[PDB]
Novice: 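Here's a structure for you.
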Amino acid sequence: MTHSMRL
Amino acid sequence: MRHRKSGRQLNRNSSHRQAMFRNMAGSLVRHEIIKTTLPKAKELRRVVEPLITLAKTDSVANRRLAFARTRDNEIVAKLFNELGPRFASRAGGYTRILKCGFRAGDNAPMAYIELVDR
Amino acid sequence: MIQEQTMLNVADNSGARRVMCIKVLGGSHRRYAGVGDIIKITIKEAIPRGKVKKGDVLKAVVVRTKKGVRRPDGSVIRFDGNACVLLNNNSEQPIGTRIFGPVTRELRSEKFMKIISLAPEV
Amino acid sequence: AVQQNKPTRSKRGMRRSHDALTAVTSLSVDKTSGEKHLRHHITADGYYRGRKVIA
RNA sequence: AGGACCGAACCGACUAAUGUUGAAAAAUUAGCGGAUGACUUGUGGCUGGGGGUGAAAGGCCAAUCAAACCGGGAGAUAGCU
RNA sequence: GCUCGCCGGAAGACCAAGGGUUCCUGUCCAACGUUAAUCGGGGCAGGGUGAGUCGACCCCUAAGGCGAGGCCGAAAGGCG
RNA sequence: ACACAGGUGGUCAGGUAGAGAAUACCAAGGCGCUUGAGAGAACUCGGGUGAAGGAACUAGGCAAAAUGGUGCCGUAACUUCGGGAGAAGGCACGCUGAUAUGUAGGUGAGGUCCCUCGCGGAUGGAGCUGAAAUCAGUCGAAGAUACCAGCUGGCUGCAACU
RNA sequence: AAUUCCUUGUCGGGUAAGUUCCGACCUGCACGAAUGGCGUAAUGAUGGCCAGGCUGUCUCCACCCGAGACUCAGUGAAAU
RNA sequence: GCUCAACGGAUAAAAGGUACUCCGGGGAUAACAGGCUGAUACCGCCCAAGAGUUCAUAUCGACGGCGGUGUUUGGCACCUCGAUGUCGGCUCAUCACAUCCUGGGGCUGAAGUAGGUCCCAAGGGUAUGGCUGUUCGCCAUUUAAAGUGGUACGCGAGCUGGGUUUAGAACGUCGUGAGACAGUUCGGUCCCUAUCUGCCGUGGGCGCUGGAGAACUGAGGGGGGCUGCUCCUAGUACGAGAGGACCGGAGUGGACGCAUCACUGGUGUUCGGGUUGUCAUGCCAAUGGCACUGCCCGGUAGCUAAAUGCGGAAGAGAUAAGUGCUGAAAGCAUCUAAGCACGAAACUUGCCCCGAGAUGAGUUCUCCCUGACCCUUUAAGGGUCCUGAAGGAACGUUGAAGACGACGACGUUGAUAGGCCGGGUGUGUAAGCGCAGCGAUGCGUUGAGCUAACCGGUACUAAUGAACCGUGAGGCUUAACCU
Ligand SMILES: CC[C@H]1OC(=O)[C@H](C)[C@@H](O[C@H]2C[C@@](C)(OC)[C@@H](O)[C@H](C)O2)[C@H](C)[C@@H](O[C@@H]2O[C@H](C)C[C@H](N(C)C)[C@H]2O)[C@](C)(O)C[C@@H](C)C(=O)[C@H](C)[C@@H](O)[C@]1(C)O
């Protein structure tokens with residue numbers, strides 16, 4: 001859900 | 001922060017507190033000595049002593065106020081017939097607390113609350 | 001206690017019927033305006049024949065508050081409805097001639113003496 | 001939330017140093033019967049300060 | 001009359017809050033939508049794995065789905081840790 | 001037992017399915033019960049289920065299944 | 001997986017107020033949900049009230065507050081001529097008395113005729129039930145008094161709609 | 001413009017002030033006619049914007065009522 | 001007979017997409033943050049053409065040169081891929097100074113007012129809104145001012161989740177297509193009960209050399225430190241005039257903080273009243289339960305702000321930039337080398353709070369203990385009996401004290417709490433009876449009845465006589481004295 005991910 | 005506030009909440013709301021005090025006042029006037037917890041006994045002092053002061057004058061209005069605060073006609077009968085002429089001399093202090101150990105189940109501080117006749 | 005976005009009525013007959021406070025003048029971070037306090041207003045509703053039109057950004061002075069002013073006697077005078085008298089943006093002089101309704105004796109000072117010599121009650 | 005490493009048995013005993021239950025200092029003797037009781041409590045046989053209170 | 005209107009049972013799940021080692025591996029509370037129909041529900045059948053079924057999202061097929069599970073090839077293979 | 005409170009198109013009363021003895025009586029309180037327990041849907045011993053008419057079984061059928069022969073298919077099997 | 005705030009088909013369904021299987025309080029009946037006792041800090045949860053202001057909050061009026069019933073009056077653009085529309089916006093609502101020793105309505109006995117005779121048909125109104133309205137009076141700060149119970153309007157993109 | 005880069009295009013309206021909104025103009029980087037174009041009443045737990053009412057959203061929090069948190073007794077975890 | 005040209009030639013023969021993805025690894029290798037560096041960026045200086053009527057150096061400073069900082073854009077790949085959660089907002093901050101305001105000065109192309117520029121200075125302060133996801137920016141309106149940076153572009157085991165950056169869907173464009181796009185658009189689960197350090201509070205133990213109860217000195221530590229406007233001097237000094245002070249003195253505000261409820265208010269589910277529905281007390285009347293405190297209307301005490309008091313200082317010391325006095329070196333000159341004086345919101349005090357665990361454990365006052373013996377490793381020794389003192393703790397009633405401890409008052413030789421009495425307050429004319437009325441209801445009794453937390457009293461009730469801990473004159477050495 002790419003909010004905590006370092007993307 | 002409770003600065004000069006009387007009354008104990010006793011982990012109830014207002015309706016439960018008032019109904020519980022009415023039941024305990026009925027049981028205390030009925031049996032003349034009851035076992036209870038300690039802070040409920042102190043609050044029961046502050047509840048049941050104005051009823052005995054109300055019994056010191058016997059009229060229709062005072063008996064209707066006692067019925068409005070006890071809702072038992074046998075209780076108001078015993079008040080206005082026995083506890084009125086018996087407690088007529090002493091001014092306040094119609095009741096007596098005595099501590100009696102602790103409860104076996106929840107380790108609650110026990111007390112006997114009784115009337116000063118016995 | 002007039003702060004910003006407060007909708008005040010107009011006490012004199014400058015033409016506006018309803019104004020809105022957009023800034024309480026005097027001092028950084030000032031919150032409120034009492035009677036003696038100038039406010040900056042915009043005009044939200046005007047009469048069709050008046051001296052000022054809708055959208056004018058000018059100054060006014062509060063004359064009545066619902067919160068009310070306190071006298072040194074311990075008293076307090078609370079009106080009903082908030083009101084202001086409209087002023088010239090730089091000259092600080094009132095625009096309309098007659099002033100409707102009561103004002104306070106707290107207002108007694110030079111420019112507002114020019115105001116207060118028009119009102120029916122003080 | 002969790003510890004970085006477990007505490008010792010030493011730090012456990014130092015923490016539990018304040019958990020000692022206080023004893024009653026001394027029970028008081030009634031005047032008539034002589035039975036021990038707590039202060040300001042009635043006896044088991046229902047005496048308080050030399051007066052039979054409960055039946 | 002009406003895939004009509006308002007609104008309970010019933011079916012669903014729009015918003016917020018709480019819960020997030022839960023009371024609950026999908027809830028509760030307070031509002032919310034449909035509510036005579038392209039409705040909902042019971043009981044029983046039928047379709048099956050490169051197959052089914054899909055008012056279509058690669059959704060669902062027993063808390064498992066860009067190929068279910070079980071068992072066997074099988075100690076697959078691993079220049080990788 | 002007496003008061004107080006709560007539900008009451010249910011938090012009441014009958015069943016189907018699903019459980020399977022949990023029903024009732026006496027006795028016990030190690031474990032179970034999120035505490036204590038003298039209590040229990042717990043342990044233990046006994047008791048309890050009575051039908052021509054209620055239901056199943058039974059007669060008949062739906063969707064569907066199986067299917068003598070038959071047709072088809074390397075075999076298994078498929079369809080009828 | 002639990003003595004788990006979940007799920008699970010049919011039958012019955014009383015009183016008062018209510019259009020009602022909603023909702024409020026009750027009946028028959030069944031329960032107080034297998035840890036309690038105190039105290040009455042911060043903080044958290046679920047609520048109640050709030051001076052002056054009234055969206056200044058914020059990504060955004062999110063969440064709350066508000067609105068809410070019946071009868072009557074009135075209601076625009078636009079339109080596929082059905083709608084829009086409950087548009088919008090108002091007014092009156094309690095209790096008592098009188099009309100009216102309860103009316104209009106509903107039911108309709110005893111009696112009296114007819115008969116082809118009974119579970120028949122006509123008059124007749126007892127008795128019961130019973131709105132809604134107007135007038136007059138009265139009480140309250142407030143009469144849809146609680147629970148219950150639409151926020152409304154203007155412009156616009158997309159998809160006709162269920 | 002659900003399409004526009006440059007860009008918050010420029011002008012107008014709405015605001016005290018408007019990168020969003022509405023109306024226009026065409027310079028259409030890179031619309032366009034059944035992978036439909038342009039409208040459109042009604043509908044939508046649809047997207048954007050404005051207004052009235054309403055309010056603890058806010059200025060700026062205050063107090064109260066209950067359930068935890070705190071103390072006492074009983075039982076008694078977990079991640080690490 | 002091989003552009004087997006990827007030329008030591010995997011096959012005779014081979015392109016893509018994955019944001020639906022999966023696995024094994026990697027900080028061997030990128031994005032974020034840190035490190036090193038400093039081209040770039042920012043700040044400072046050097047020379048000086050030229051502008052400034054003349055006049056480089058009031059203010060700018062070309063052509064070029066030298067540094068600083070780490071501070072933008074970068075470079076490198078040192079840490080991290082068996083996880084170091086992003087932009088913005090909120091809450092809370094903290095430091096630097098390269099100072100935005102306030103304060104102190106020098107020069108001015110400084111008449112005054114107001115500026116420009118440079119030096120010193122970090123005590124305090126340093127907006128609200130519209131638009132935008134925005135930081136930024138534009139804009140509106142204020143202000144004394146609307147500083148610039150560091151702190152993982154501070155801050156998600158503190159909150160949010162609008163933006164980017166998962167899965168849905170669409171537009172433009174690219175692609176034959178699956179799909180792709182620092183291009184847009186609508187929608188989209190933010191876990192954690194704190195062990196340790198830290199910090200805010202609040203206790204127990206022991207120590208401080210006999211024990212105890214008090215009151216202090218204060219080493220040291222913290223808080224605080226902002227500023228506008230008006231009036232007077234004075235429309236004076238200055239200036240043709242328009243304008244218009246320095247210095248000094250009061251008043252009155254804004255923001256901020258501390259305190260407290262006398263006022264004005266809020267709250268006041270524990271007080272009084274109204275009222276709707278229903279159930280019950282046999283019924284009427286009167287009450288009670290439930291309906292969010294059923295809905296409301298007032299409101300006591302407490303708590304509290306929007307209410308009301310107070311504060312920021314003056315002074316002193318030592319100074320920064322700066323200005324001097326005397327004065328040589330260097331017959332002069334010179335604020336400086338000797339010597340002397342001034343000089344800021346910074347520093348040290350002055351104001352307020354904590355504070356002797358200040359182990360360097362301080363001082364002062366008061367009070368309390370004045371008994372016998374035995375043993376042994378005759379030691380600052382052990383033991384036995386007798387005495388338990390001042391005081392403390394425990395218990396109880398409690399408190400405008402409190403999470404619990406603690407703190408404070410009291411314990412009958414007594415007002416500590418409840419009750420009771422009287423008052424006050426609040427609400428608004430109780431019930432019953434009688435009259436008027438057909439009635440709802442009105443009137444009289446009646447400003448009645450009821451009243452929480454308030455006030456002044458009163459032993460009526462509960463605070464029991466005791467038991468428990470704590471001891472029995474307190475080491476050595478040296479000095480100074482007293483008998
Ligand atoms: C109910 C409680 C659940 O946690 C959450 O919902 C929170 C809120 C997730 O964030 C959710 C929601 C969200 C938005 O993060 C808040 C999203 O970005 C992540 C991917 O999932 C967490 C924390 C994720 O971690 C994050 O994963 C990232 C890949 C890296 C990140 N790390 C760098 C710091 C790390 O913390 C992640 C993977 O789910 C954790 C694993 C262990 C789990 O699956 C566990 C079982 C969780 O599901 C949970 C504890 O039950």
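Residue numbers begin at 1 in each chain, while the letters A, B, ... track the order of the sequences. The header says electron microscopy, 2.9 Å. Every number for a ligand or one of its atoms is a count from 1 in the order of the listing. A fraction of the deposited model is presented, and contact counting is confined to that fraction.
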Novice: Select the option from ritonavir, digoxin, erythromycin that matches the molecule at ligand 1.
Specialist: erythromycin
Novice: What's the chief binding partner of erythromycin here? Just the name from the PDB entry is fine.
Specialist: 23S rRNA (2903-MER)
Novice: Okay, with a cut-off of 4.0 Å on heavy atoms, which other chains neighbour erythromycin?
Specialist: A, E, I
Novice: In the PDB entry, what is the name of chain A?
Specialist: ermDL
Novice: Hey, could you tell me which residues sit within 4.0 Å of erythromycin? Heavy atoms only, please.
Specialist: A/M1, A/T2, A/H3, A/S4, A/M5, E/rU20, I/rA83, I/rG85, I/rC190, I/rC191
